[PDB]
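Among the contents of this structure: ametantrone.
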Amino acid sequence: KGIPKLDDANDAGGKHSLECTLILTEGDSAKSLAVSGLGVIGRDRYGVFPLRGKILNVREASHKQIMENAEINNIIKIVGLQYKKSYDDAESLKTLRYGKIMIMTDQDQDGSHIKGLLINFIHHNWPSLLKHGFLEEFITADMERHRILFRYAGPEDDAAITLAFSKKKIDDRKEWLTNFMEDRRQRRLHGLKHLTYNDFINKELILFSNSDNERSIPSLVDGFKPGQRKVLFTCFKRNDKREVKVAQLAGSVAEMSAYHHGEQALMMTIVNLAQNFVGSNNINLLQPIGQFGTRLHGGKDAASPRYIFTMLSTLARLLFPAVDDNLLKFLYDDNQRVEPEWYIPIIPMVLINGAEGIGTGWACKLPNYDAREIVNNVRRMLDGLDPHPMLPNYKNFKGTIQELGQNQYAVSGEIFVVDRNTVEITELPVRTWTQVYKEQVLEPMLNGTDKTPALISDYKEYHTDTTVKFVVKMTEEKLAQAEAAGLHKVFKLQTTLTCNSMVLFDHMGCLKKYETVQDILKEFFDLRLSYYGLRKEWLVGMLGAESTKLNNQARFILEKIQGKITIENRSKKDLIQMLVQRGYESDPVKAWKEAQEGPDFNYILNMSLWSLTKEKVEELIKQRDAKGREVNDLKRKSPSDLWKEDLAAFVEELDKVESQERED
Amino acid sequence: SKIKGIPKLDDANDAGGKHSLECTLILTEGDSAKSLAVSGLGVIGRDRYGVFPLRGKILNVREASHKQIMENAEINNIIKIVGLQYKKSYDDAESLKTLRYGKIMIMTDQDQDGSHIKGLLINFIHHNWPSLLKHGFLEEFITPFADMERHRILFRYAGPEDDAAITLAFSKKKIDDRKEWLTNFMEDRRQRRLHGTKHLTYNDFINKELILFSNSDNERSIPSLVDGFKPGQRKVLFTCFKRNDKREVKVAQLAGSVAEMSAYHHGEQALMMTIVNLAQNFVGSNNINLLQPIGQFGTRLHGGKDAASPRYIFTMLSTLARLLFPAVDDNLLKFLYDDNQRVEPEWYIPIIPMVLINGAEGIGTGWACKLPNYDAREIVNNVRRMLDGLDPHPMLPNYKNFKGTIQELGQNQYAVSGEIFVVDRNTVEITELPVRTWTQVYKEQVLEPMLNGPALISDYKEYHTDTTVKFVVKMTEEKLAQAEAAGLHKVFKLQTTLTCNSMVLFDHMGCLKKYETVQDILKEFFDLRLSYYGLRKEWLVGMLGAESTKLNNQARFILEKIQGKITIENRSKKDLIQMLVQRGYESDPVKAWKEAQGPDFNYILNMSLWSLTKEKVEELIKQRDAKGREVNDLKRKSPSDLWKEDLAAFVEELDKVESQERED
DNA sequence: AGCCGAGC
DNA sequence: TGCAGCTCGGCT
DNA sequence: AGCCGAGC
DNA sequence: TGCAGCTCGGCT
Ligand SMILES: O=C1c2ccccc2C(=O)c2c(NCCNCCO)ccc(NCCNCCO)c21
Ligand SMILES: O=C1c2ccccc2C(=O)c2c(NCCNCCO)ccc(NCCNCCO)c21
Ligand SMILES: [Mg+2]
Ligand SMILES: [Mg+2]
Ligand SMILES: [Mg+2]
Ligand SMILES: [Mg+2]
Ligand SMILES: [Mg+2]
Ligand SMILES: [Mg+2]
């Protein structure tokens, strides 16, 4: 007692304790449905207590963490659990205020994950309790066919719980999930009350684990996770010419693209897409209009999403050309068409902004690469040559990145000895934030700590919001020692960067590990090249259909102004039959679109009466002719040519955009 | 002396030292402004300048309970940071020895709500330490920084007229004087409208700055007589109409939509709450909810306080909305502008006085407004009666689905009773609570005390539903007879009084007025709405007239084309435009009519070629005649006839909608 | 130990 | 995801 | 000793 | 308006 949000059971703590159920709900809303579902009657045997958000994995959480956790302590107090005390006999169980815990989560994967973390919590502290049948679940009277009993049934349950939640079973989880993904491919080519913990883990929780990967680990093809892809898709559909509140953009994405989660995560994703400070995006697809955070705090200083604004970068449709949309496979969420399975950008975006995310079994980490360097390599491969090797590269980073080994790099800031008493620091290594360096490095150097001596006499700061300048004073003696020991080393201006986890989803939807970024580059290249061929086939078909369509329209207009044909007072039916008999083609553009998965002459008869006038007749001829020349000008271009055009246009604008950024 | 457990404070380096009285504490409006002051001070400023942010409006300490004052976080925080002590005169220069800061600089938004926070801060210091105002303790920083001194206004205390100004603004004893104060302001501004420093005194801040807030408080809090809306509410409707959603929208998303579309200059949470309020339909809320509660919008159980978050509930227009606010009337409204953007009208003009239906209520400065709900059908019937020149029946308050009783004690005085019935000589039954008594509150504040304590009842059970109230109460046969001896409704507090002597509203001209009876409100509404039916008729005769002319010309052209009487084939634009003039075709009749508060033939020449076909020629002729009849039919009707048509349509959909509610 | 970020 | 309190006037 | 609601 | 912590993996 004395715990808020708890609706303790009436008979709890008394002689009916072991016949009392604590209902633990995912969220306050689920709690209040449990409350109205009990009525007056249920309050004797049933208590209810909400949890907000994911809970601690206690199995390898530190002791400070476990002792300080609100939720876990609240559950312990409410139920009467005691650490170390096993529940073997029946005199033990007389110490509990409740006899059962009934977990009521959303019937979604994240719901399953909470069920799992709760199960994990009991199993790790009181495994004996699991055997007595302590845990139940409420799936969403009928109210008894909704209840399911978790059954312990031997040591294959201890193995399954540990497979999901032990820091020592990461490799096991990879195998586990590899088997799962392999099975579900096989099932895709063909077709399609007690619950053991093993069956829960291996038939329900694994769906969360998989979904966690699908949402946290990006695609090779466009560098996007599904949430980020929804943000772009929504922005492309909107086509905003002026900025939008981020919070408002989030609701739009939720609605236009069937995003089924809390909008806060969306707003945060949008902020992460727009950020443009040293160590975030080499090319932000979204414009950071307002305070989106700075290198002073790693963006942690962004303003609230209801006071910041964004819109597409002019580089966005240059990187993801609208016409290629006709080539994408757009997904469906209950009969609404949403974002595509991936976009197909002109260079590999996954390398530019350096994908990163954490799933189950695997994680992704990729550093940034230089956009012009990637353009040049793509041009090289278009020439049949081999791509040059690429080092990680961060836009506006003044330091150095040197190869140390396979997928390992030294990232160094800049420190120059000015006089015998003064060093100057003008760059921090990538992802070292200014405030953090000040507090964790320079302060301890000025003040000493309990464990370290002072090393400097003073420091002064001269940063701008995008640059770094520390002026540090020392004694001639201490500077001399610092040099001998290595300035970057002493000043923590040198960090390593290790990339042995380049895990991405390939274009088929398969999770692969890539050993080098040249492998990533080459797989991207082969795919993008074939999509340029698909674009050509599509444009020839479409432009050809438009040519035909203009020819028929222009022929009618001429046949009309010469008295060769009349529609005046002719009936619909006779007009159609006259047109057929004179070899006018049914809507060619519609016919073409149709052949991509009664005769229609509306493209002709929907023309305005203006069409018959002198200038409009001339203008219609010039357009008919111009389309013909446009069909042919396209046929003369190779997929390589089309690509090289896109790349040239992109670089022109990239130069202009980066130039305006250095002035502003 | 330092300061410890005040996390958001940036203390001046020299604060609390010998150089205390040269230190300045900057109080900001919100954390946002706190960070801009922190940057503005840089590293230099951190010595003499302190920064502490206040979130929200602060306590009015003049006439506040002793408890409120002691428990309030901001006031107590300011006191610790500055080192003030209650009941100490800061008259000499020795008394100032105990302050950690010598002055406070207030930094707020330069809007009316900022002025209010300034005033409340001034009120705080003034009421506790007048002494300090003489020494010039308070200053302010005007804002849209290294040019600080031009931005820095000092407050001057010049005499007991400064005391009177502050007291007039913030004393519970000077409500009447505030009425007079604002009446002058509204009058002077009505006159000016027809026709055409460094050391601010308190009197001038109050009478030239704060009064601007007090007035804005009224403009946003007191409803209009015409449509019963406040500006926030009006903007929400205007947006809904403009949007015309055919399916539900998330409340949070609609709020963002309103802000964008109607230039709503405030936080969106307030707007989300307003939206929820507009949509509620439980007993005691709206009689006709103009927005639909799709999701959990609160219940009579908690007075709606149990509504879900605005991001998990949906809304759209009631089918009754455009029946009450007919679209055609939009053409008669004066729409407002917010700097090159057309926004909501100054009012909508509904077909019955909505201000009576859902019972307007708000609190301003000097004035407040309360109005109870009235029955929709009774109002329709009084409108009909007045249309027939009869007398309007007097009206009693009516709450949709209220099962109890509302009795008139006298003008604007009513007694509202719930329902209590004797079941047996041991048992009573409560089946209705008085209007605006919420179920959980009644249980907690009435029944519980009666069960516990000198205890009057022996037990009680609950059989509520979401929308109905049922308590069964068990009593001792002696106690019941006693309870029944006094009033049963009295003992069980099932009778409340409702008193309506503050029916203050903005009239159609924008003047604030106190109405004595609803009959007065009804008359004034009535004279204005009848007059707008006149306008709608004139407007419709004119526009339909233009449309008729437009169709006449179009039909004419078509008939002349299909007969050879006119040809456009291969004619230049000029020759064709000049020809049409010569034949007396009229430049776009509708365009011309609209402009009326070279020739344009596009309305003829933009017609499709289909127009010349048999079926289309007949359809055009039918349409032309249809419009002919429509103009004529309308010309014969009175404004009063039009009004009866709208009312009849409104009542038919009300019967349908309300029927469907009493089944779902 | 704590970052990275898309979920609750 | 939910948590946190004030203004202003009339009324009880 | 607090509701009502549009603001911060 | 801003406040509150946890997962999952790789690597510092
Ligand atoms: O529980 C949540 C939560 C739930 C659903 C959506 C969002 C949140 C949430 O943001 C949150 C907290 N936010 C603080 C800043 N981090 C930004 C990321 O959104 C803080 C605490 C918190 N829950 C507390 C209990 N969890 C502790 C583990 O047992 C939430
Ligand atoms: O300061 C605010 C605040 C500021 C701007 C917008 C909203 C709020 C706000 O909601 C708020 C609180 N919300 C509780 C729910 N009530 C309904 C209104 O949304 C609670 C406290 C609070 N500020 C605390 C300081 N005021 C203390 C007076 O001395 C705010
Ligand atoms: Mg869920
Ligand atoms: Mg990135
Ligand atoms: Mg403001
Ligand atoms: Mg109301
Ligand atoms: Mg009061
Ligand atoms: Mg970890």
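Throughout, protein chains are lettered first and strands after them, A, B, ... in sequence-line order, and every chain is numbered starting at 1. One-based numbering, in listed order, for ligands and for the atoms of each. What's counted below: heavy atoms across the whole structure, side chains too, no hydrogens, waters or symmetry copies.
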Do you know where to find ametantrone in this model, all copies counted?
ligands 1 and 2
State which other chains have a heavy atom under 4.0 Å from an atom of ametantrone (ligand 1).
A, C, D, F
Entry molecule name (chain A)
DNA topoisomerase 2-beta
Mind pulling out the residues near ametantrone (ligand 1)? I'm using a 4.0 Å cut-off on non-hydrogen atoms.
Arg52(A), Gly53(A), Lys54(A), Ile55(A), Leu56(A), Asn69(A), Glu71(A), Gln264(A), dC8(C), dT1(D), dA4(F), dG5(F), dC6(F)
